[PDB]
Each structure stands twice: as structure tokens, then as C-alpha cells.
Number of protein chains: 2
Amino acid sequence: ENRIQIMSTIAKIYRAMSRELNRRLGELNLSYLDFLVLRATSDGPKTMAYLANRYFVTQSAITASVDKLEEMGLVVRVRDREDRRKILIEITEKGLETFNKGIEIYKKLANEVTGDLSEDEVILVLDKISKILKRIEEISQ
Amino acid sequence: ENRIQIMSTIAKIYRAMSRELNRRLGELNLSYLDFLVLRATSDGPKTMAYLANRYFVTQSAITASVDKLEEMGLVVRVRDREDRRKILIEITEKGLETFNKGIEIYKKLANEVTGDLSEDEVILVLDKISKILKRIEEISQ
Ligand SMILES: O=C(O)c1ccccc1O
Ligand SMILES: O=C(O)c1ccccc1O
């Protein structure tokens, strides 16, 4: 039916976008997951547990991505002054610059794929799928 | 902006749905990927190359899923009568029954998450995102 098709189309869109984003972000030496980590830390330091849960990936996956971004000088592991074991992933000046370039790549791709939709159509879809998102997040966790 | 948010929301919806589908399909002894393989073969035999490309996963990932479904008796590797090396993955009677149960689980979840949307709203979203899908598939491959 139509409700199943909306979800299946959302899934197909995600896979195709993922493939293309990995390709375009590649020029910035980033994978889609690496970019997501930068996106998440761009507005404030995040725990590695948050990153794994928010993006539904394994802890080893986050560990690999963070280690990579750290070596690239895009993020740093900040430790509490009294308990060094408490770690937060913080974006660096260079990380923010790279994240910004990544946003432009994302922006350009988004404009291309939604090209057949008018501004009003875009708005109509956005407001309605935001409801779907609220519901699935309430259900899934 | 709005166009970037539509794509980012589509991604967040996909991840949350993936998490929940893996949980609910678990009672059928299937992972989301296993179910997708059944979905793909439900309407006709598919090559392993097609499965990996269509769902954007690695060949080893498809190999593992097919081996599992084969052991579960849900699919079989059919070989050409003159060139046994040419392989197609075909769904079995039992596979179709399991796939059908999987569809009902998907249907129920889809109805829950799109619950705030009227039938007309559902239709409006579906027709518009179908355009987005057409475009990203043209771009990505
Ligand atoms: O990706 C999905 O969740 C899906 C579900 C049903 C039918 C086709 C699909 O791609
Ligand atoms: O998942 C995405 O592609 C995404 C992109 C931009 C901002 C937040 C996001 O989750």
C-alpha cells in the first residue's frame, strides 16, 4: 500500500544518497560516517556512546571514525580535569572548516535531487515527514 | 535550508526504521538485510551482484545473508543447465511464507509511524519523494 511504499522509498533514497555522498565526500578525505561525526560535534562536544547510538553504528565503527578524524586533526579527545577517563569528542578549527565544506557538498547534492520540487512542495514534504521521524524515534527507543 | 533538511530527515528516518525492523524481524530469525534479499527474490530469481548493488552492501555481506537464508531453507542457488557457474538466488515456498510474514511486520510498523498523516497526506508525500528517488538514482549510478 501507500504507507509501506513511503517507507520503502525513504529507504531507497537513503541508500542512493549514501552511495553518492561517500563518493563526493571522498574528495574531502571523509566517509559519510566521518562527516556525520563532524556534523554531530560541530555544535558541541559529544560522547562516543552518543555518536554510536545517534547514527545506529557499532562502537568499533565510531572508534575507527574518531581515531581517523583525530589523526586528520579534525577532532580531539577532551578529558575531564579530575577524571581523565570521561571523554568527549570535540571538533577543531580545521574540523569545522572541513565540516563546512562537507555541508556545501551536501547542499549542492540536495538541491540536485529535489530539483523537480518547488519550494512549496519541498516545505509540504518536510513538515509531514518530520512527523514520521518523531514517531519512529518514539517507537524505536 | 529546507532541501538539506528533507534529505537529513530521510536519513534519520531510515536509521530509526532500520533499528526497529531489525528488532521486529528478529522474531522471524531475519535481519533487515536478510528480509531485503527475500523481498528482492520474491518476484523472481536475482544474481548476487544485483543484490549487492541494489541494497548498497558488500558482496561478502550478500554472501553471508544468502548462505544464511539457504541454510534456513528460504532460498536456493539455481545453476544454469550447461554452465553451473552462472548462479541465481531463488526464493523457496518457505521463503515466500516468511517474506509474507515480514511484509505484515513492515506494514504494521509503517502504519504506526505514518499515523499522524491522513491518507491524502500520505499520497502527497509519496508522489513527491518518488521524484527525489528517480533523480538520486540517475545521479548515483
Ligand atoms: O527498503 C525497504 O525497507 C523496502 C521494504 C519493502 C519493499 C522494498 C524495500 O526496498
Ligand atoms: O544524515 C544526514 O545525512 C545528515 C545531514 C546533515 C545534518 C544532519 C544529518 O543527520
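Chain labels are A, B, C, ... in exactly the order the sequence lines appear. So for chain A, numbering is the PDB entry's, and the shown residues are 6-146, in order. The numbers used for chain B are those of the PDB entry, and the residues that appear cover 6-146, in sequence. Remember, it's 1-based here, ligands and their atoms both numbered in the order they're listed. Header entry for method reads X-ray crystallography, 1.8 Å.
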(message) Could you tell me which macromolecule makes the most contacts with ligand 1 here? Its name in the PDB entry would be great.
(response) 146aa long hypothetical transcriptional regulator
(request) Name which of salicylic acid, ethambutol, methimazole, oxipurinol is found at ligand 1. (result) salicylic acid
(request) Show which other chains sit less than 4.0 Å from salicylic acid (ligand 1), counting heavy atoms only. (result) A, B
(message) Considering both backbone and side-chain atoms of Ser13(A), is one of its nitrogen or oxygen atoms within less than 3.5 Å of a nitrogen or oxygen in salicylic acid (ligand 1)?
(response) no
(message) Tell me the contacting part of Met12(A) for salicylic acid (ligand 1): side chain, backbone, both, or neither, using a 4.0 Å heavy-atom threshold, strictly below.
(response) neither
(message) Any nitrogen or oxygen of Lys17(A), side chain or backbone, less than 3.5 Å from one on salicylic acid (ligand 1)?
(response) yes
(request) Could you list which atoms of salicylic acid (ligand 1) come closer than 4.0 Å to a heavy atom of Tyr37(B)? (result) 1 (O), 2 (C), 3 (O)
(request) State which organism the entry records for chain B. (result) Sulfolobus tokodaii
(message) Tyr111(B) versus salicylic acid (ligand 1): do any nitrogen or oxygen atoms come within less than 3.5 Å of each other?
(response) yes
(request) Give, by chain and number, all residues and nucleotides of other chains with a heavy atom within 4.0 Å of salicylic acid (ligand 1). (result) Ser13(A), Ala16(A), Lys17(A), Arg20(A), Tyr37(B), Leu41(B), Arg44(B), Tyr111(B)
